[PDB]
J.: 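Structure of carfilzomib (bound form) bound to Proteasome subunit beta type-5 - open in front of me now.
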Amino acid sequence: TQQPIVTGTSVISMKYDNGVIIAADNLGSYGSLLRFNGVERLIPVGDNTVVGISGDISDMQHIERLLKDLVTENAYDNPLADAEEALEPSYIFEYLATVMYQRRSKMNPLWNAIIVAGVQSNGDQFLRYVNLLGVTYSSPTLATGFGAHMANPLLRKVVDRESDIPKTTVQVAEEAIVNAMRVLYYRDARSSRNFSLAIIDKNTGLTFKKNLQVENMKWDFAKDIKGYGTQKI
Amino acid sequence: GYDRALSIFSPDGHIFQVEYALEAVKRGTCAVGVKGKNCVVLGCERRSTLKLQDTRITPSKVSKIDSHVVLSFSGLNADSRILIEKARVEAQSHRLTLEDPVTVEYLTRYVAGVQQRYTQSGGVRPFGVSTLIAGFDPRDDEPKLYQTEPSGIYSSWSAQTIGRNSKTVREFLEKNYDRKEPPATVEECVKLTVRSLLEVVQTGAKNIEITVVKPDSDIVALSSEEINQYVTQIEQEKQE
Amino acid sequence: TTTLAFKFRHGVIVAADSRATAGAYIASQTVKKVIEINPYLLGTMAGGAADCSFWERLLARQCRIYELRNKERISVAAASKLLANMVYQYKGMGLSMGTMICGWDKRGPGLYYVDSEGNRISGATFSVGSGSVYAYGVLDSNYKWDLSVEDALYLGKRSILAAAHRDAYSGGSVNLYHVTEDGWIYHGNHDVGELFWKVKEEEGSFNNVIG
Amino acid sequence: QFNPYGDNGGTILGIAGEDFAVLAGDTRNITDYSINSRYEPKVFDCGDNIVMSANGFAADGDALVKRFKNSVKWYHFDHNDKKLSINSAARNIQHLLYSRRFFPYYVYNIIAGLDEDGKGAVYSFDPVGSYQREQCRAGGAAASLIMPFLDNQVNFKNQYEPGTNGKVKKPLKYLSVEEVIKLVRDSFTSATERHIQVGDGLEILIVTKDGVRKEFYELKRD
Amino acid sequence: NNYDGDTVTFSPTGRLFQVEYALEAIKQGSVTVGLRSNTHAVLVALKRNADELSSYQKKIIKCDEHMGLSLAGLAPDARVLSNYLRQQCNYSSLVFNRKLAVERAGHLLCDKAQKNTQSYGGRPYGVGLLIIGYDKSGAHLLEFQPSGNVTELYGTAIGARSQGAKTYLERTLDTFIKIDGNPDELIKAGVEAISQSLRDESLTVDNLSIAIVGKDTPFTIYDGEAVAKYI
Amino acid sequence: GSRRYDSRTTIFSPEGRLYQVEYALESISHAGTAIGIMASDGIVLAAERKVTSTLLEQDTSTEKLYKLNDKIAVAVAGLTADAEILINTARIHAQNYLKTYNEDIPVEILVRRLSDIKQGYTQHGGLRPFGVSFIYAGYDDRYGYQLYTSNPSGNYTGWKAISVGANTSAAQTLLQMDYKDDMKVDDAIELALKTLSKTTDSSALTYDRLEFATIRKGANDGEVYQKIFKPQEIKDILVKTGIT
Amino acid sequence: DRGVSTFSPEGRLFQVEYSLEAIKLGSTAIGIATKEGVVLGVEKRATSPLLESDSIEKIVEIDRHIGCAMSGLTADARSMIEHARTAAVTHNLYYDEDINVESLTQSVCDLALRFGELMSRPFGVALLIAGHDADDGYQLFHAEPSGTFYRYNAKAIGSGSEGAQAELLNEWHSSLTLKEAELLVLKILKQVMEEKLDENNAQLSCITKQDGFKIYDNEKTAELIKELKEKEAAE
Amino acid sequence: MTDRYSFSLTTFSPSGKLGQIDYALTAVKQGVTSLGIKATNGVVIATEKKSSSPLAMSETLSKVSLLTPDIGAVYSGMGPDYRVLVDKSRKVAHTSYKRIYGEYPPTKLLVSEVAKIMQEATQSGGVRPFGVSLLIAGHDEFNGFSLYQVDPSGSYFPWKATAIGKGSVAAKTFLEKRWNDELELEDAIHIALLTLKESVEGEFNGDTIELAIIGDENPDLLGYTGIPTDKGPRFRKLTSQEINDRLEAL
Ligand SMILES: *[C@@](C)(CO)[C@](*)(O)[C@H](CC(C)C)NC(=O)[C@H](Cc1ccccc1)NC(=O)[C@H](CC(C)C)NC(=O)[C@H](CCc1ccccc1)NC(=O)CN1CCOCC1
Ligand SMILES: [Mg+2]
């Protein structure tokens, strides 16, 4: 049993017709202190999977090392390591989910919430969640922390059920994700303007975008707001 | 730990260490067991090479395992103490867990199991001991007499002997003991047990020990004079 | 729960209700609180359903290996003691069991109370469970040794009914057993709903209730 | 302080027929007042004509199912591809549950299938392995809403025959699969109205001698 | 001679005699054949009986839905190694949700057998195994020797008189590899291959044992009247 | 591996004897003779030191007679180093008993414990046995004065008079001849020294080649006193009995 | 000396082969499987007339549906029987059912090769394991110290085994009744035994679906012996 | 790996001999001569510094070792075996005595502990006996001065004076003629130097001889003042110069 020290906030994601999108901001908070501004919380595994992590950053860095070692180990005595016997999103997820549940069962958890996003061999979209309790679930949209409360409602307006996935393009899906990240910046006190975004498409592969910023913000209406009720000046 | 396999098979299918343990039993002093109609008698040889002995304190050949069961033996004396201690512990453990004293058959099965375990365990040699276990089951008036040996096999006997010159006394018992009509009284049972030892013992003085076990935990060891009276009567009838 | 058992001339009667509870919610009403360990041994269950079920099923397996090694059916005293020693290892760890080991052996009919606290008691009359206190009134007032099998079965049945009526956590149906030297005999499942009205009319009891 | 348990909601329901059995459960997964998934399967075909659903704390339910599926696999290996009977599975599951008597699987569990006489069977388990064969059983969040309805509409409790006035009961006539599925849908539609953790979807698994069939029905998404 | 008392001793020419003696136990064992195409992989085994009253010792063991083997030599050692494969296949499924690659299964068997050849007290395994399977890279056939050596092959045979079947497969190589989408014809080629190792005795209904795995075919074993079709 | 170099210390011979026990007894037969004699009013322990030197410090020396507790003593025959290992164990056992039951350990119980330890080395462990034979002289309120012996086999027996070490055959015959049941300590002292004087391999029996001890109720009223004789006291008793 | 787990140049384990020689010295045990049941019979072979023969226990119950006969170093069988009984009852605990005869036999045979430098040597005893289950019906197995087990229609182990097996070769057919099998075991035992066969030095037993495993009384066997003598004198 | 030699390497032969102990004693016989003499007011122990090479600095190799402030040791036989025994002897004096009773052990009990260690190497699994005989000189309040010999078997004997190693038989004879119960420490040192000269071939001086005494308390060697009851170590190693001074009056 511990407590989280340096933390990462929401990770958000959704499926679209040809793949998945996942995003997360670049902040490592230390309680109310916005300590570390250059933290990457999206971690690619091969060219077909991206693991997005929230929660304790020291535990994130540990998981990041487990994944790096997983790739190394899969290549051992494996001539098809860059082909048929490459790591799949479903393999990577089940491994993490196994570790998370084992750690909670020893009362010494990895204080994280994880979303594994990727595309399988057969072109199927993979998107599944796992957390410190070993709890797992899948949905067309997934989000951790505050994103679960604010992002999911917005993303579910695009993909409300399974049948809406083929009707959703990459331009529409990215637009929705970017908007959700803006909303979280308005409303989450432990968020940052700077974020990273990753797209895993079955045709165009893995596209990893860094140093993105929340833009097109609305603040001008603030000038007209005066006092808390009766004040006029 | 010392894990060496000492008891192993030989090309002809023999475990020599177990068979050599039987040779240690052959060397040991003679022990005999005879069950009557309402009793069991255990006779034991004492070799008279050792005089100046203190008979008060010297370890007796017949050992009580519980109040209703006794155990005599032939072979290595030091080895017998280990089996007796284990048997005594098990007897109390049985009373403690099952709220009944052990049956004679159960106690025998335990002791025999210990002997067997030492024939296929690493780093240990077999017990150079054969035992005669006798007594009466709780709330039962049927006499019980069992034998064990180093290999671990056990069986029930109407009458049996073990140790040196046991071949001779077994020969005597086979022709003298009648199954249809066993020794009806304690006297007849003790007399037959003393007679059998007199075939082998040498002198009938302090060389013969007798222990009578009767039902309901009634166990007593005869004295030198009491036994000497049997020795006297036997030979006086023989002079004819 | 309500369970009871008592020794008498013609063996031992065993009776129990069938209710299972999770707070105020009645989760089940078809629970068998009497476990058949062997054709001559019964066990009752009270408290932790899971605990009672597991340990008494594990005991039945101990009692069976006993019969194989010894060529002899285990005694009621030995069986009760194996259970007692098993649960004593986990004392203070949270187990909740209130059991009675009923049977017929060499010493005649036997009846032992065993619990997770550590008690192991031989006795002619027992009742354990939340409704035991109500059942004891009927038992103590009508219990003889010279009781007919018919009257003894009724007494155990009527005793559970008394408890099932008053105790909120007791009811459903009554399971009856009679243990003889030729083994135990199941005497049916009796719905308390129907049984109550029947007894009320035939006996005249429960005058305060309208029907 | 770290709490190793959670509540993922959900409700399940098993009904045994004369020559069939059904195991139903909603597809909603939740934490507190949030929805995790509107379609997250909870009832599984475990092999040998057995269906199972364990939930409450999803992570413990997933592990138990995963272990029992594994137990079936090894039962075949060790006993010459013998079919695991429903009564044998039930007893096996008890021992999986009690192995953690001092750190329990926080779940409600129900299995369903056919007994060795071909008749429908439903077994119910508490978190630590107390199990019971029953004709009708609901488990989970809205179990208390559904069970009284099933006592009335499956076992005809408190129902008597008109004219007699309480003297003669309603006779226990068996139910068909079509009649049972109606009770299942009505049970879950009623539970969806009054319980916030129940909704989104309803997945039913029907078990016959022919095998295991699925049916899916939508529920309210509020 | 002086260097065959245990597994921990090289001979002066660099040989390990206890391993070679374990290899000898395989040659005494009954014949078994393995072969594959691009779609399917087949095991064929000649079972052996003690006498006419006895049953015919089973030769084929299932490891997973997509993998299994046939044995030749000490049957208990095959039970130990197959149990290990069952666990490893199972670990891969439970932890990684991944069917174990046949090549990796061979690497694990090699490493398990090797430990028994370098340490004091233990002994080498006295059995040879033919592993077949269908994974993400198609059909596979492996040959396991208790020296530790594992080899991927198109076809092979082990046991007594196995050289006859191995020569046949070496001729038929170009034909049976092309038998795609036709399980019965691939088994026929296997039954015809194992027939080259028979003397005096012939293939009867309770003598023959066949197993197959493929693209849309789980590992299944055929015995009794199920193989009368191929006699 | 290691099997090649294992002597296998705990095995039977074809005749049913324990090789190492028999060879340990052979070792003990070359050790200095130790004699124990039990009388009605006490026990005597006499023992011969092995070929000493004039430069050996005798008054601070101890190779034969050791104290286990206030009531029990032992005479040693064999490897002294092996004996000290066992003696310290016996001292601890005696104290454990006293702590547990608040009574002095009965003699036989102490003897049985040591003999069981010896037995263990003959049946398991693969180690050589202790090359030691003890004569236990002790007193308790059950059996009174007691003499026991134990040997590497772990077998023990009770005696009225007994010898261990060298020339036991000759020594036992001499003891069997002159011993009587109504004998007293002063007479037993004389018998022990006379027996050593006749069985010794040395030219003459002197004070510097002996260790001597008595266990007497010759302590003021109902109690027991152990007396380990000093060099000068051994010299005096040799003159008194008429040996020097 | 040499390792306990050593292979011979022929590819056999020395110790396993030597234990088989010990089994050849053991008393005879015979098993015959029919569609009406499986019969088990043994030679008691008392070493002396004073030995109470009814204490010789070479036929043993494992469960209600499984019996067992032994031959060789019989003391070694006790821990095997103990394991078998535990395995049978443990499976009933975990699965609420009877255990398959083959599965029970496999569990016993798993102990066999657990020896090295675990126990110090192989078992010096062979077992005939007979039983019934719902899947494969009446079955007879021969469990060796090699870890191998064969199923048999009929089998003889012990000193008179090869002579008895040849006799079982000719006599066994798939339509044998239980009564016919009983007489057949008695016939072959009488043939290979040194001493004259009677109810005191030989013992019969059977396993049926209805009544389960039963050891025959000496009075019951005596009648079957008398019935055998008369039918042999009939031609 | 694992130490698989769990069995005894020293065993009784048919004649009753413990071979490895006898062979260990033979190694002691080949070793350089060392001796010890007990006086009324002290004890002396001495040996030859047999230098393996003239390039080797023989001052760095100490054959005579301090075990406690009042107990010293010297050996004959295998040097490395002695060095480890000294390390163990020093430690056991603390662990099995000083940390319990708050004072250093008396000579006889420290000897008893060293003996035990050597006995165990004679019975325990997978080890050979120590190939050394020790001479341990010491003083304690209640026993006074004392000198003990310890053999490979673990047996120990107290001596008025003795010698071990190469020329022990001749040296013990020499000591028997010269020893009496009225010797002062200086007389014992003189006799020690005379006895040791007979067994030495080459150079005989302070640089080739190692000699130490157990005598009076040395407050100058204590290293601190302020506690009256602490009066300093009785063990003292004689310097090269101090030996040479006594070789002129030889
Ligand atoms: C009378 C009826 C009541 O006193 C009897 O004593 C019966 C005995 C029969 C059932 C053998 N006892 C009960 O009904 C017993 C009461 C009880 C409850 C909890 C602990 C001890 C005693 N009830 C149970 O055992 C129920 C049986 C279920 C409903 C089938 N089990 C539970 O309540 C389980 C077991 C809990 C548990 C025990 C030990 C460690 C961990 C957990 N608990 C749950 O299902 C969780 N519960 C569900 C309802 O909501 C609250 C949480
Ligand atoms: Mg118990």
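Reminder, nothing fancy here: chain letters follow the sequence lines and each chain counts from 1. We show just part of the entry here, counting contacts only within that part. First listed ligand is number 1; within each ligand, the first listed atom is number 1.
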J.: Could you help me spot every copy of carfilzomib (bound form) here?
T.: ligand 1
J.: Are any other chains within heavy-atom reach of carfilzomib (bound form) at under 4.0 Å, and if so which?
T.: C, D
J.: State which residues of chain C, listed by UniProt as binding bortezomib, have a non-hydrogen atom closer than 4.0 Å to carfilzomib (bound form).
T.: C:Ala49
J.: Quick sanity check on carfilzomib (bound form): covalent bond to a chain or not, and to which residue and atom?
T.: C:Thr1 OG1
J.: Which UniProt active-site residue from chain C sits closest to carfilzomib (bound form), and what is the minimum distance between non-hydrogen atoms, to the nearest 1 Å?
T.: C:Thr1, 1 Å
J.: Note down any other ligand or ion with an atom under 4.0 Å from carfilzomib (bound form).
T.: none
J.: In this structure, which residues build the binding site of carfilzomib (bound form) when a heavy-atom cut-off of 4.0 Å is applied?
T.: C:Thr1, C:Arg19, C:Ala20, C:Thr21, C:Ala22, C:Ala27, C:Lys33, C:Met45, C:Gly47, C:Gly48, C:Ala49, C:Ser130, C:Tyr169, D:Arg101, D:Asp126, D:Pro127, D:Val128
